[PDB]
Asks: 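I came across a structure with valpromide and want to understand it better.
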Amino acid sequence: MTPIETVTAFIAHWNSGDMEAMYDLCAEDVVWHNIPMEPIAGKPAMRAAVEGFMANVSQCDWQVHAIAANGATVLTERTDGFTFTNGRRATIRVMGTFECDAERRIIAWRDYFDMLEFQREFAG
Ligand SMILES: CCCC(CCC)C(N)=O
């Protein structure tokens, strides 16, 4: 699987809610770093963080506007949409850098966005 195909599939798994397929595309030592926050180091810690972030989320609808790769690094421009438990929807504009390991799994995922845009929507 090429890096672009891997990241494309990763996003599709978020969108379908196939969380295990999502994790399976990641290295065991994946670092998930939402840039304004502390990095999350390793798949076990990623599972716990995802559980927290998804607690009040019923569905994801993440749209890739642009994607480009340079070797093992894949860059994205996205709008990440969510539907919350009560049916409210929100979107956050984000760019992400993904790095793939020697096994072509995601070993780093760094997302860049405005913390205020995030806090507005994930408050309450
Ligand atoms: C980009 C800001 C929010 C993050 C974390 C999941 C809630 C995302 N990937 O959309």
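By convention here, the first residue in the shown sequence is residue 1. First listed ligand is number 1; within each ligand, the first listed atom is number 1. Reckoned from all heavy atoms, side chains included, excluding hydrogens, waters and symmetry mates.
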Asks: Quick one: what's valpromide bound to in this structure? I mean the chain with the most contacts, named like the PDB entry names it.
Replies: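 It is bound most extensively to limonene-1,2-epoxide hydrolase.
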Asks: Which residues would you count as binding valpromide, with heavy atoms within 4.0 Å?
Replies: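 The heavy-atom cut-off picks out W32, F53, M54, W62, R78, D80, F82, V94, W109, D111, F113, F118, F122.
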Asks: How close does the nearest protein non-hydrogen atom get to atom 5 (C) of valpromide, and which residue and atom is it?
Replies: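 Sorting protein heavy atoms by distance from atom 5 (C) of valpromide puts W32 CZ2, 4.0 Å first.
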Asks: List valpromide atoms under 4.0 Å from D111, heavy atoms only on the residue side.
Replies: 9 (N)
Asks: Within a distance under 4.0 Å of any heavy atom of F122, pick out the atoms of valpromide and give their elements.
Replies: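 Taking each heavy atom of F122 in turn, valpromide has 7 (C) under 4.0 Å.
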Asks: Only heavy atoms of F118, strictly under 4.0 Å: list the atoms of valpromide that pass.
Replies: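 In order of number, 2 (C), 3 (C).
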Asks: Hey, which atoms in valpromide end up nearer than 4.0 Å to a heavy atom of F82?
Replies: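 That gives atoms 7 (C), 10 (O) of valpromide.
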Asks: Which residue and non-hydrogen atom of the protein lie closest to atom 1 (C) of valpromide, and at what distance in Å?
Replies: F113 CD2, 3.6 Å
Asks: With nothing but distance in play, are any N or O atoms of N34 less than 3.5 Å from an N or O of valpromide?
Replies: no
Asks: Can you name the atoms of valpromide, numbered from 1 with element, that are less than 4.0 Å from a heavy atom of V94?
Replies: 1 (C)
Asks: What residue and atom, counting heavy atoms only, is the protein's closest point to atom 10 (O) of valpromide, and at what distance?
Replies: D80 OD2, 2.6 Å
Asks: Measure from every N or O atom of valpromide to the protein's N or O atoms and keep only the pairs below 3.5 Å, writing each with atom names and distance to 0.1 Å.
Replies:
from       : atom 1 : to  : atom 2 : distance (Å)
valpromide : 9 (N)  : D80 : OD2    : 3.2
valpromide : 10 (O) : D80 : OD2    : 2.6

